[PDB]
Amino acid sequence: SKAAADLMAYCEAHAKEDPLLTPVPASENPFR
Amino acid sequence: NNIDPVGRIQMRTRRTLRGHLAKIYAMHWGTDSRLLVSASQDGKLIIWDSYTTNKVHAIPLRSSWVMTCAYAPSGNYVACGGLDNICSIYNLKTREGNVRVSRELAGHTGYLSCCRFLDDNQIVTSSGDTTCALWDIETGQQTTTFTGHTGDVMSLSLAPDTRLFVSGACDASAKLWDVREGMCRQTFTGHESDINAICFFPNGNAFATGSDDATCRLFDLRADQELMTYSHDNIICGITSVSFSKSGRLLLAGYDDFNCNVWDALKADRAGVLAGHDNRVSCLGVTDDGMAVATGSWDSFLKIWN
Amino acid sequence: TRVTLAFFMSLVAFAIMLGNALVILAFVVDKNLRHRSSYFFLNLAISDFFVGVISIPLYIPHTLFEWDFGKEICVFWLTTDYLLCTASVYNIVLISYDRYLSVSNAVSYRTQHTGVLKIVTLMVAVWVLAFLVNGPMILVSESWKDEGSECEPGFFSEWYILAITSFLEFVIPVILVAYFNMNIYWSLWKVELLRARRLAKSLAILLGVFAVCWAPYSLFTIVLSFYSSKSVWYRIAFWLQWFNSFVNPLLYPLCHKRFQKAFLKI
Amino acid sequence: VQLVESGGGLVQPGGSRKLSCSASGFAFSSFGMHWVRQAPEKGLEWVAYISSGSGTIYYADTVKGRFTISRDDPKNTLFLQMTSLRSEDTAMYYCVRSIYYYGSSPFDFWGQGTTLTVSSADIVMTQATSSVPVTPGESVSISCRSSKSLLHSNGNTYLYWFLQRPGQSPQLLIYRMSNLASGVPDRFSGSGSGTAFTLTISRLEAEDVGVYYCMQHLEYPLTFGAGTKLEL
Amino acid sequence: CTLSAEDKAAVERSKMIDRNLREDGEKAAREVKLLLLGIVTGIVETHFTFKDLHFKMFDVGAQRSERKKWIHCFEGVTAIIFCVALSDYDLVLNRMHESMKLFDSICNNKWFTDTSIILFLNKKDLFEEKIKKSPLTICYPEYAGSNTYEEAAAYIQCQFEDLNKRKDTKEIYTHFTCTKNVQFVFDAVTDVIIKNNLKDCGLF
Ligand SMILES: CN1CCN(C2=Nc3cc(Cl)ccc3Nc3ccccc32)CC1
């Protein structure tokens, strides 16, 4: 459970830095 | 059971990159999250401009039986290898303006499966001799070689911290190795057939293997056991490629059902099909800044998603 | 009444139009179709497209309700229709010649690297040849302008002209297609029995559909023009001529494996 | 690399003259080339441009329809043919390499230059001053102005900073207003805001005084300033 | 237009790269790739030319691993050369069982469904002298033929050729190894070309 907790914690912290999770509005997306 | 599902994550082909004609076996993302490198049986290694779907560099090869390619973290060099047992290293940034091959690491006899850079002067290779090796590019000879496989080694990956690396072989086994000393840190088993795709989780505390038995697996480096299994009943074919995303929620897994599947790496049950190829999915990668996903398949087309 | 007849003529026209539109679309979409075969099939589909959008709906009223053409329209109608039909037949011959060179001397058919100029040269020579064979005679006709006349080229008054036209567009294509297919068979035949029977059957089907859909009208027209200068069989042969462009997009570019893949992607 | 040029000298007004350039020690046929000039007493001027594959060709409005540019890849040679020469055309010329792909450094090598003495909404840049006496051991700050904003749509900026020493050819100090070309001491800097930009030479030493120039490369024609003369 | 003065040159560069890739593919898409198994570290590639044709043969016998993770990269080959001997039918290591198992594995494999197979039998003189005092009864007790090379050789040839399970898609061109090998393989690949060629345009 400790090993799974370590990897899930890293997922939560970098949530807003993942475009593929939360797609950026086309104003900042260079691939449109 | 307390993790919310990401749900259906649809994606659209922003860019279709045409120009590769024969089969495609490898790809790697650059450091600036804008350049790409791809390897095919035309004897070609291409560096793509990703934003505008432009071509920056095209490199011919010597042994067209390639299986892998790498991108230097400083953007200066590239590397490749395959069925010819040697690893080639090319210099991108010369005043001459053309890419030249600077190093040719030799000393293997089984087919090379992969190669990844450590810095501008250190590399790691794994081949069919059942042996891995750390090479010092300036000297030209191995500084340490790693033995202990009974079957051919098909993959490896380098840690973000740049101190260790993990390999996997046709013995249904994987092995974690230190770099500067030579000891075998650990040996993992569990697959029902050979292992043909491995990846290194960005936090450096896990890794994922792909098999030719219709299953993907996550093991942990410290706990010395398998963490997760990723497979579906409608699937009967084999994995070919595995990669993660910045946070790690999306495990992008290639398949032979012709369809990349994005898996919710935490619930072990979701398949966001990125359908759109007509053949087997070979390779795939994700940018450093998460701005895209590229997949390449046997049909000679490379697709960008977000 | 005549409403049912008009509906069915329009139905045939729409079917032809769609049948060749799909070929054109599946050639412009996929970029792996850049061989000789796909270029030639595209030429075929374009030559068959304009029959369904111009000739049939314009011809419906001239015989169905009222002869509302005049010269300034009927000259255009005749020229368009004849050009399209002749071009379609000539594309059939060109595909079959590609097929014969395929299994007649295959050593020289494997190491040529000519890209566009040659292929488009052929694709344009087809249309130029079709025009210069058929078209320049419709316009030079003048006796066909008698008042109250159903509109159809003046040279119907000369059976020799019809004989020359039908010789340069019916005899030569059937001879060439039959020869190419027979040579294909011999060059393969010289387990085995089943394959030989399948090949013979398919080649016979192609040649037979060509002959059935294009013989009666030429024969019947020359028969009537010989001395007995219209019965229902005349309409039968007339429409049987147009009925080829219904099946020409079904034998050649639908059996093909590459084009089958191109379609099934969509 | 190496670039050696021929054709300079003294020419009468009118007529025509051709200046040739020979490249050595690099892949010639993957480069775009510019012909630039400098007045015998005043700043620099651009002339012409040819690109990779002998496609795009550009001339200055002053030289339009009378100068033509060309290249020859088997022998690694470049040509500027020059018709309608007038006494105002006296200058000394530079052949400048430039490779246009993502991330490259254009204007990174200039030839030794060849002398040639002859017997609108264009962005023209005004050099801010003409002489700044600064003693060795103290920083030097130079600026220049522009006629038009230079931030393009793709987030780029196009201002170039060059230095020339007596009896010498220019070298690339700054490219695209913020980047430092490799092969020069790392004590230079560049900055500024729209149409108003600045070069800085920190901790001035010997052999670091001379004429300084700026350039704009947002849209053709290419223009220059006057050139600040940093002296001892 | 939303480009600077130099993005045009970037686009031109990409266009040249695309042209070069297409030309190289056209150059490399009209060669006959034959794979040799058993006439002549890692892949040993051999190139030669015959009658306007470019033969790229792969001598791959230097690899010391299995074929499952290694053979599918040869999907597009024209043909396979297969070389075995006749003199070693009785040498217990025997060798006929190994050769037959190899041929059965190769011929009935999916990657070569439409791919024909050329098969060679060599070392025939040693076999002919052997059968003078060592008949096939040692290895073929069910054999009831005359003590001559011809009947036994035909027996062995039909024994290998009766292993074909794809009789209506690919043939086997058996030839006794004796420069007739090059002519045999040239005729074989010509016929493979014809049969695969009048197949992609219908014609069954
Ligand atoms: C529906 N169909 C359209 C084409 N059409 C003919 N078309 C050609 C063209 C050429 Cl080049 C040669 C022979 C023929 N047959 C003919 C013979 C007698 C009268 C008309 C024709 C008449 C009506």
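Letters go in sequence order (proteins before strands), and every chain restarts at 1. Start at 1 and go down the list; that is how both ligands and their atoms are numbered. Below, each value reflects all heavy atoms present in this structure, side chains not excepted, and no hydrogens, waters or symmetry copies.
Among desidustat, clozapine, rotigotine, ajmaline, the compound found at ligand 1 is clozapine. Bound to clozapine (ligand 1) with the largest number of contacts is the chain that the PDB entry calls Histamine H4 receptor. Counting only non-hydrogen atoms, chains lying under 4.0 Å from clozapine (ligand 1): C. The source organism of chain C, per the PDB record, is Homo sapiens.
Per UniProt, counting from the N terminus, the transmembrane segments of chain C with a heavy atom nearer than 4.0 Å to clozapine (ligand 1) are 3, 4, 5, 6, 7. Residues in other chains coming within 4.0 Å of clozapine (ligand 1) by heavy atoms are C:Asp81, C:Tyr82, C:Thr86, C:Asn134, C:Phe156, C:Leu162, C:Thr165, C:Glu169, C:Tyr217, C:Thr221, C:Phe238, C:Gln241, C:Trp242.
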